[PDB]
Amino acid sequence: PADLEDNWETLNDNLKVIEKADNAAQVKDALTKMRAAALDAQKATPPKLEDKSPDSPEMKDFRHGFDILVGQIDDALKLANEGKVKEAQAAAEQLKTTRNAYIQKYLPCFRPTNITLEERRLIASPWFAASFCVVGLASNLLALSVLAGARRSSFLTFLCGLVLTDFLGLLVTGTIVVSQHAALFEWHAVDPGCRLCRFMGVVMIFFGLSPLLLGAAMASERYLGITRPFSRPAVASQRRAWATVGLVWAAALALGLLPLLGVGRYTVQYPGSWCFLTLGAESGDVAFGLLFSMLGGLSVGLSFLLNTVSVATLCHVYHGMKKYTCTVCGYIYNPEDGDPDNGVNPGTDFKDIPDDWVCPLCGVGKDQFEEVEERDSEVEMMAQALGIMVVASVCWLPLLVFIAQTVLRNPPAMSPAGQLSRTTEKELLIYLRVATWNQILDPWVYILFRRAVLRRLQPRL
Ligand SMILES: CC(C)CCC[C@@H](C)[C@H]1CC[C@H]2[C@@H]3CC=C4C[C@@H](O)CC[C@]4(C)[C@H]3CC[C@]12C
Ligand SMILES: O=C(O)Cc1ccc(CCNS(=O)(=O)c2ccc(Cl)cc2)cc1
Ligand SMILES: [Zn+2]
């Protein structure tokens, strides 16, 4: 037999034929192509009903729908065999409604749900979703506005990338989500099929992982720029940074593309306003769930590890005697310590060390040593990098942990039909709603964590 989705397409392809067709020959043939697909789809076992036996009332209630669809196809096929062109055109038109009730709800991306029509009505809020979305977009546009005045840094390139990623994220997902709330989570209304749902899943993983990986990219710019000599050859550094952003996006799209390649699955999630990786126990669902959570988690982890070391370096260096770093191995010459093993007792100013003194780490001369200059720009960026890091810690980590736990749950978290408890269905929505805040708060870390803001909003205290 053929996949329910393949038959679903056949039924649409032919429904579109009958619509534009002018004679009963084309109409009859398109309806003949329909009937076999409906008969084929009846032999199929939807994923939504994997745990049911064929004898099951849930299973025969499914097969009866195809009896009804075939019944209508035959009712229209009788009219096409009558030569009644306009009549057969109309009888096949009502099949659009019929296919939604008997095929569309069993399509792959549709997991089972015990959410009543009543629950959907009150949960449906397009105007609030729109409001939140607009707030998110405005914020991001505001960050880019501020960025436009400020900027050439490798840091700022990633910050721009992260603000731009957040904006498109809120705009593309927001639009889907608002439409769903406007359509009371009835997918067929917006787009019949699993295509929009699958697109939404890829978009979710893309805009999920991207702000996390770019957050980690920023933590690495700070780490290298602070630990290694503060040599900022912009244009090159900005190219290296935009290229990294592009790789970050490519890697984030490539992972969002895995459920399409059969590693994982995109299915509609409670309340029905969005799609995501399926939180199942299936080998793929586990591999993809952990891949996503491990990557986001490691991104936030690595961001913490690096940032603490960069702050540790900024605090040690931006305090005390005039430190000079080796521009070959980064060795920070601390007058405070000296090099007593090489006759430079503690308290020796760099200006007081002889030429016949070499770097105790790499061995290069005093000529290859640069003065460590205190820059408020380095402080401003370190603050924004920590701010971005804390935002991701607070918003993303709960969801990332939740995903990995759900996927690794001792008694399976998901039923064989693909159903989740309404507590886990709610937990995920709450955890996702939290993650949404990272895309709203990242532009504000840039807007607020600035030396000019500190200055203009100083006499408040
Ligand atoms: C130009 C370079 C950098 C590569 C980017 C190509 C992008 C835009 C393309 C290539 C393959 C595309 C995907 C192919 C298949 C599907 C399945 C469909 O149900 C929803 C959209 C979705 C998810 C597409 C989204 C966009 C996509 C990821
Ligand atoms: O309230 C609802 O109806 C449920 C719901 C809320 C918000 C969205 C999309 C939020 N967009 S986002 O902040 O860019 C984002 C967030 C997480 C990821 Cl993994 C990727 C992108 C979807 C569904
Ligand atoms: Zn050195």
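The first residue in the sequence is number 1, and the count goes up from there. Atoms within each ligand, like the ligands themselves, are counted from 1 in listed order. Atom set for the values below is all heavy atoms of this structure, side chains included, hydrogens, waters and symmetry mates excluded. Method reported for this entry: X-ray crystallography, 3.0 Å.
As for ligand 2, the drug there is daltroban.
Counting heavy-atom pairs under 4.5 Å, the chain with the most contacts to daltroban is listed in UniProt as Thromboxane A2 receptor. Following UniProt from the N terminus, chain A has transmembrane segments with a non-hydrogen atom under 4.0 Å from daltroban at positions 2, 3, 6, 7. The heavy-atom binding site of daltroban at 4.0 Å consists of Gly169, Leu170, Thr173, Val177, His181, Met204, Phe207, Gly208, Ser273, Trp274, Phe276, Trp396, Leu429, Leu432, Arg433, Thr436, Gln439.
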